[PDB]
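What follows is one structure encoded as structure tokens, with my remarks underneath.
The order of the sequence lines fixes the chain letters, beginning with A. What you see of chain A is 17-423, where the numbers are those given in the PDB entry. Just so it is clear, chain B uses the PDB entry numbers, and the residues here are 55-377, in order. Read the numbers this way: they start at 1 and go in the same order the structure lists the ligands and their atoms. Only this structure's heavy atoms are used, side chains among them; waters, hydrogens and symmetry mates stay out.
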Amino acid sequence: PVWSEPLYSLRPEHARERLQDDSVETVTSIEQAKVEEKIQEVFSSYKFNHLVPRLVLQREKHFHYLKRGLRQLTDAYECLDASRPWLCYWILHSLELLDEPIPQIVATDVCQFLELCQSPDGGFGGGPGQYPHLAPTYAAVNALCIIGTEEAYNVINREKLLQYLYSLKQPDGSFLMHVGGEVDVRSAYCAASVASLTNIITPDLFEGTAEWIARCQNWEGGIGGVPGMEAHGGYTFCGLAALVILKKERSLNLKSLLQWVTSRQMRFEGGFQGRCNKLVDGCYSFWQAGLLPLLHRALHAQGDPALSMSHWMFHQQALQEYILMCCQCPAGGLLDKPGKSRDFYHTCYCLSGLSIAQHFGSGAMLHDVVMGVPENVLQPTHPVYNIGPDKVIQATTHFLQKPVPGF
Amino acid sequence: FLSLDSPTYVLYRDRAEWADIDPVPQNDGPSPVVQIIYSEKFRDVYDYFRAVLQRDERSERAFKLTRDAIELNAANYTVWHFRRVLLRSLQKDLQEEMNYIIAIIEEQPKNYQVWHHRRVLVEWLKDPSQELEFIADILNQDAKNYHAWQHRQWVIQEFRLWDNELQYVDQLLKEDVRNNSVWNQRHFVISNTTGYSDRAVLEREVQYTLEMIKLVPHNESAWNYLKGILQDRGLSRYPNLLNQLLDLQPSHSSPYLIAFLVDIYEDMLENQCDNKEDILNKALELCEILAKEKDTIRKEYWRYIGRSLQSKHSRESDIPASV
Ligand SMILES: N#Cc1ccc2c(c1)CN(S(=O)(=O)c1cccs1)[C@H](Cc1ccccc1)CN2Cc1c[nH]cn1
Ligand SMILES: CC(C)=CCC/C(C)=C/CC/C(C)=C/COP(=O)(O)OP(=O)(O)O
Ligand SMILES: [Zn+2]
């Protein structure tokens, strides 16, 4: 119909999705209202300017932002001086999704830089001369696999990495983030991620890990940083993804989890919140929404016959609308929410989420949903590692031809 | 003893007491990637940090240097590790260090490293006497600080300081009944104290929740808490629940109450209830009402539940193909 609105967020019924504070005001409702009000302005802008809406992913603009940052950053990133491998990964992955080639001049410089970050004793640090840490180690391995050239693969010292992983392993199945450091679900995932890709997973490395992760699932259905903590999207993704790698998804109450994540998508904004009663955030377009592909795979593994065959269990269209209309910086790069400044973290995850929301894949079945102009379609991303599905296969296929340190 | 923000602050290369040290510039290689264009102050401090770290110089001046390196980037875990080495080697007064970390956390509360550092201190000192109050102050500025609640749970568990937490929880829920972190803390205190098997306790909790739900019908936290404390024993295990929720649809309705209804029906069908088919259809109509009207953002979920429930509870679900 001519009166019909193709964009879900601009339909008149949508207004009914605004917050109902039951005339009881608290800091949470006041805060949620401010955001909704700001998002409504964005949605309504087309009607007020008398323009027909067009959802365009600003490719060239994001490419410039990425291209440059990959080589140089302002002092605004001094706070990430101990996370340089993360910067490499987020940027290289954003380019990968945007489908931009990685010049060999760059691939080699990247490889060399990560070598400088690698520790004599295994794992990578957040920068040259810094002690190793599982987070920058997970990023380094990922960045190298994205490059995926023989040179990149050879940067990784597999015997040392394994030694390192063991030196962090705890009696209760968990892992320290680094020597003398803290423990949380993130370490489980970082370890599982790098150990599986490089094929250094011994019979006892992750003993008890699946059980420890399972202990992090709480009364909410979601997973918390450590046993007993509020359910959070970032940690939940970490827990499920790790279990998927360990083939222990069933250790969790997948049902209560599925219900928890599906409730994390905002009815009005369209994007996801990190935890119940907080604000929407573009990066959760990945941590939260990225869970559905994981769940679909687990439930399907269990023969679940109700699973859709063309969509994930979240409003794909509404998420693309949030990202596209509310998360792009006109100057390039993406962000948390309208009003927030751009950064590479959000560029990486807003795009990863967009890709996931555009591509449905369950074996033979393949259905896409691309909001806005077709040029908006991105390269698909693997829901466990968050690098090209191709890079995952290629990487593992290369290291599987190597003996697991020790044999 | 010269703050990183003092107007008379001087770069380290211009300090007499540091003339003997050659700064160690950062080894970024021939052609850098993700190279950060540091400010003069930042690069100066870290060039000297790199030197002390390299020589593993355990000195009072190195100790003071780490404070500046930390303030420039509190996320540099390598510097925090060296600082802890110096705290022990130099036998530094840990209460003074406690004074320091509470100041840093007040300043940058959403950093992983500062909280981990405080935890290490509390452990070393084996003294949690200041923890609940300090955290309460942080929480008073951000009632949802994830690291704050995590530290609070650790301290309470490791030192068994359960006695007043429920009271604290009641205070914050009053301030903001929508604070999901507090509902989580509530479930935390009860689970580790009385537990929810004590019928008097469980009863109390559900009463409280329903009470809250009445006051703020659309606050999802109360609803999730209610489902959380009853879902393990089984929703169908509580026959009066359904009727009491139905007596809310009139006025106190929400897509939340409807979703709960489906949950109850689902569990009922899962325990061969009376009028199996009648219950099923009641659930399928609610699923559709939610997927197409009350909770459309979750249309895919609801349609899934719709299929699931029919896939295994239709009268023909356990009937042979040939029949
Ligand atoms: N660019 C960039 C950037 C921006 C924020 C940020 C992170 C990176 C990664 N880290 S963090 O601890 O290093 C930071 C927190 C605050 C500033 S950087 C934080 C924790 C993290 C670290 C590494 C991988 C994933 C998450 C996440 N954040 C804070 C945030 C994101 N969304 C809402 N809050
Ligand atoms: C692979 C890997 C290392 C993943 C990490 C996942 C992740 C995003 C963790 C962060 C969780 C957290 C402590 C948020 C607090 O900030 P906040 O209070 O601003 O968050 P919120 O309001 O969005 O919940
Ligand atoms: Zn974010």
Okay, next thing: the drug at ligand 1, what is it? BMS-214662
Going by UniProt, what is the chain that binds BMS-214662 (ligand 1) with the most atom pairs under 4.5 Å called? Protein farnesyltransferase subunit beta
Other-chain heavy-atom contacts under 4.0 Å with BMS-214662 (ligand 1): A
If you count the atoms of BMS-214662 (ligand 1) from 1 in the order shown, which ones are under 4.0 Å from a heavy atom of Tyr93(A)? 1 (N)
Provide the number and element of each atom of BMS-214662 (ligand 1) under 4.0 Å from a heavy atom of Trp102(A). 23 (C), 24 (C)
Give me the nearest non-hydrogen protein atom to atom 20 (C) of BMS-214662 (ligand 1) as residue plus atom name, then the distance to 0.1 Å. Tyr166(B) CE1, 4.3 Å
Tell me: protein heavy atom nearest atom 33 (C) of BMS-214662 (ligand 1), and distance? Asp297(A) OD2, 3.0 Å
Is at least one protein non-hydrogen atom found at under 4.0 angstrom from atom 3 (C) of BMS-214662 (ligand 1)? yes
Can you tell me which residue and heavy atom of the protein come closest to atom 31 (C) of BMS-214662 (ligand 1), and the distance to 0.1 Å? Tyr361(A) CE2, 3.3 Å
In the PDB record, where does chain A come from, organism-wise? Rattus norvegicus
Under 4.0 Å from atom 13 (O) of BMS-214662 (ligand 1), can you find at least one protein heavy atom? yes
(2E,6E)-farnesyl diphosphate binders in chain A (UniProt) with heavy atoms under 4.0 Å from BMS-214662 (ligand 1): none
Which molecule name is recorded for chain B in the entry? Protein farnesyltransferase/geranylgeranyltransferase type I alpha subunit
Say whether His362(A) and BMS-214662 (ligand 1) are in contact under the criterion: heavy-atom distance to a ligand atom below 4.0 Å. yes
My question is simple, although I want it checked carefully: is atom 10 (N) of BMS-214662 (ligand 1) less than 4.0 angstrom from any protein heavy atom? no
Short list, please: which atoms of BMS-214662 (ligand 1) are under 4.0 Å from a heavy atom of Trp106(A)? 8 (C)
Numbering the atoms of BMS-214662 (ligand 1) from 1, which are under 4.0 Å from a heavy atom of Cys299(A)? 32 (N)
Answer yes or no for atom 23 (C) of BMS-214662 (ligand 1): protein heavy atom present at a distance under 4.0 Å? yes
Which residue and heavy atom of the protein sit nearest atom 17 (C) of BMS-214662 (ligand 1), plus the separation: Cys95(A) SG, 4.7 Å
I'd like to check which BMS-214662 (ligand 1) atoms, numbered from 1 as shown, lie under 4.0 Å from a non-hydrogen atom of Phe360(A). 1 (N)
What protein heavy atom is closest to atom 15 (C) of BMS-214662 (ligand 1), reported as residue, atom name and distance in Å? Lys164(B) O, 5.0 Å
Interfacing atoms of BMS-214662 (ligand 1) (cut-off 4.0 Å, heavy-atom, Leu96(A)): 1 (N), 2 (C), 13 (O)
If you restrict chain A to its UniProt Zn(2+)-binding residues, which of them have any heavy atom nearer than 4.0 Å to BMS-214662 (ligand 1)? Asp297(A), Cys299(A), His362(A)
Define the binding site of BMS-214662 (ligand 1) with a non-hydrogen cut-off of 4.0 Å. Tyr93(A), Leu96(A), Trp102(A), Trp106(A), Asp297(A), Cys299(A), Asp359(A), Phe360(A), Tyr361(A), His362(A)
